[PDB]
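The model presented next includes bortezomib (bound form).
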Amino acid sequence: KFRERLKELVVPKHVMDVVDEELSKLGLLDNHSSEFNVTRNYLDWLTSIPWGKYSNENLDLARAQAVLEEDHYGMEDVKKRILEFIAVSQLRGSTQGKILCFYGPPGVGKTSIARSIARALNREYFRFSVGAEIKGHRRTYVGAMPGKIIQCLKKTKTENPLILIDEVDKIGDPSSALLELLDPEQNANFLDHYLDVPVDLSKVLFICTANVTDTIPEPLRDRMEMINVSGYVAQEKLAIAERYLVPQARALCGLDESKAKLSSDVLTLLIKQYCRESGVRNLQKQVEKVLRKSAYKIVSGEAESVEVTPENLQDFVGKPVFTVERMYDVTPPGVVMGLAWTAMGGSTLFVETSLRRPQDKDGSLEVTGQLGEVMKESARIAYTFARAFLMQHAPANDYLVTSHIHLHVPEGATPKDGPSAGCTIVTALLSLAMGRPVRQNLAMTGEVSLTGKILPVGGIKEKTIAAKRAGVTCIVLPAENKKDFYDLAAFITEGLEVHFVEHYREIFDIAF
Amino acid sequence: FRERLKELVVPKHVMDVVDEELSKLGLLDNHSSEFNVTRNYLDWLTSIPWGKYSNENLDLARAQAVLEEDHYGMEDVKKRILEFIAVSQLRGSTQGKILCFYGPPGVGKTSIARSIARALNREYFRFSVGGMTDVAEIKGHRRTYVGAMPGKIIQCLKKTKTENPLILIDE
Ligand SMILES: *[B]([O])([O])[C]([C][C]([C])[C])[N]C(=O)[C]([C]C1=[C][C]=[C][C]=[C]1)[N]C(=O)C1=[C]N=[C][C]=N1
Ligand SMILES: Nc1ncnc2c1ncn2[C@@H]1O[C@H](COP(=O)(O)OP(=O)(O)O)[C@@H](O)[C@H]1O
Ligand SMILES: Nc1ncnc2c1ncn2[C@@H]1O[C@H](COP(=O)(O)OP(=O)(O)O)[C@@H](O)[C@H]1O
């Protein structure tokens, strides 16, 4: 029946050659022996991997956009990039060349996006992790198995699958092996150590995902096309949780929407107070935790149906991780709110100032708060410019030249650095010297120079998110960050009175 | 087998090596580990081109037309390559130098290498020494370890099948 296992299948010549040769050599050897079964399994491997079997590619872009939009809420930029890639492939006739690569924070959708791409192109999906072995062993009874790519071919029974090289930056020589594999001039002749026969891999589609692009091979990055999968703001995370995460968790726990319900407000609370990373890896474990507690509560008999609510969520997940996010609600004359940029989101922080000695020989500035060198220098520059600005504005003030000030950025255990918060420190010093509080729900961020120019900053997205989350109504940015601010979703910047300044005098007019 | 070496000009010491390894291969028996390690050793030794050079066109004007058409500017590199061609002409033999281009990112240091190898009609190999920390990625492992590969220059000589292939070492 071995001839029937490849009868209807189109076979090349030099493959049927080895097939008939092994059939004749198997008729030579004795059945049921330590020589027969080996060659039997080898001849099985020759007659198992397809040769002429394909999958009709999905060339249409509308159907591709539909199948990409069904799953994976959000991701509009990655979706646009995938659609453009399919367009270039359709227009080029083939799909070889560069090899796509998705990189970003963990648990962000880089494997499921490759699965959805495979479903888009009607290619058969297959993933093998590279976190030698991709070439198979030799038939000296040591390794009686082919490589994982040959097993991909056998499994998907299609000559043009979509193989996913997941976590390519966790690879151990496999580096040069992959470098040769992805090459389209060595692609047609991939000789594996198990099958002496070459196999054409010039129709398979390769995708690889990683988290950091600091892996060992640089000539990969010459052939790999990098695509960046960013994080998710809280709204997108809530939508993802309501549409994909909670259903799957219910399926895994055996519950259903009637028994245990997670409303929208409790999900927003869970995201806002427990899971602030760029992915959904933590929110997934949190909803699974809730559903396990609920399963126990319904099976044990404490309640025939459980309803989670923002006044008993801590009974399910424990204590909230984050907090009120506003140390001040009304700022005294000395303090001013600045914005910080972590790697796990934004943050709001205040800058406090006070007299250190009674009377309001020059003055001094003492600086605390675990500040880096760049931040201490920013404080020095802000001190100088604040003295100059007060001299030119109120030449009869005598403050800031005779007073001894202490400047503290609260949460003194946290090390903090950066050239931003220069305008914040200038505003704090000025508002203390004039005895006037700044506008109440006013945040600012910007690097000041010695003459007052406001220089651009980084992380405008995270800072603006953290400002909107803290009840900021007016935010002040450098004018060279107008682009960065306007490349934000309309719901992030919807209710903020924004001001773009180039010199500090405009900040002074806004804050006072 | 021994037919992969009749086109090659094999030195004498490597001839003794391949002879003694053939003796070991013949005395050993199939389906055994030593059989396989000697088979790999002999395959690698018989895959190295032991006497062959690539036909290098030392024609000046054709190589200048090749260089001047696929890369703008970069007068120093092209002048050095032309002087290299002139010296190869005078010496009558195919020679080899060691060059290094340094400059800001993305000014043609990598593509000029490929166009140069096309001009001289040599082969072309590139591999980066950027993140490597162990020397076995160049000098190769030893034939005794459980997984043995001969490095990354023997691979050049084997795949290019030449002895003057213009290896480019990036970064
Ligand atoms: B700014 O954008 O440079 C800013 C100044 C901040 C003290 C108001 N720096 C930061 O926010 C840093 C990140 C950074 C940016 C640019 C250069 C160097 C560092 N973040 C923090 O200091 C910080 C503070 N608290 C919590 C977490 N991170
Ligand atoms: N935009 C999204 N829409 C729907 N589900 C998502 C989205 N982003 C992430 N997920 C879910 O979160 C999980 C992400 O894990 P995964 O992306 O496989 O990890 P990694 O990014 O390390 O490969 C998946 O189960 C996926 O279903
Ligand atoms: N004169 C030139 N003509 C054509 N392409 C050029 C030229 N100068 C630079 N390039 C481009 O620069 C790129 C190569 O840059 P490279 O030398 O690899 O920089 P690095 O190696 O420092 O990253 C190629 O895409 C090439 O097209």
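Chain naming here is simple, since letters A, B, ... match the order of the sequence lines and numbering starts at 1 in each. Contacts here are counted within a displayed part of the entry, not across the full deposit. Remember, it's 1-based here, ligands and their atoms both numbered in the order they're listed. According to its header, this structure was worked out by electron microscopy, 3.2 Å.
- For bortezomib (bound form), every matching ligand or chain, copies included, can be listed as ligand 1.
- Of the chains in this structure, the chief binding partner of bortezomib (bound form, ligand 1) is, as UniProt puts it, Lon protease homolog, mitochondrial.
- Every other chain with a heavy atom under 4.0 Å from bortezomib (bound form, ligand 1) is listed here: A.
- Most residues around bortezomib (bound form, ligand 1) in chain A come from the UniProt domain Lon proteolytic.
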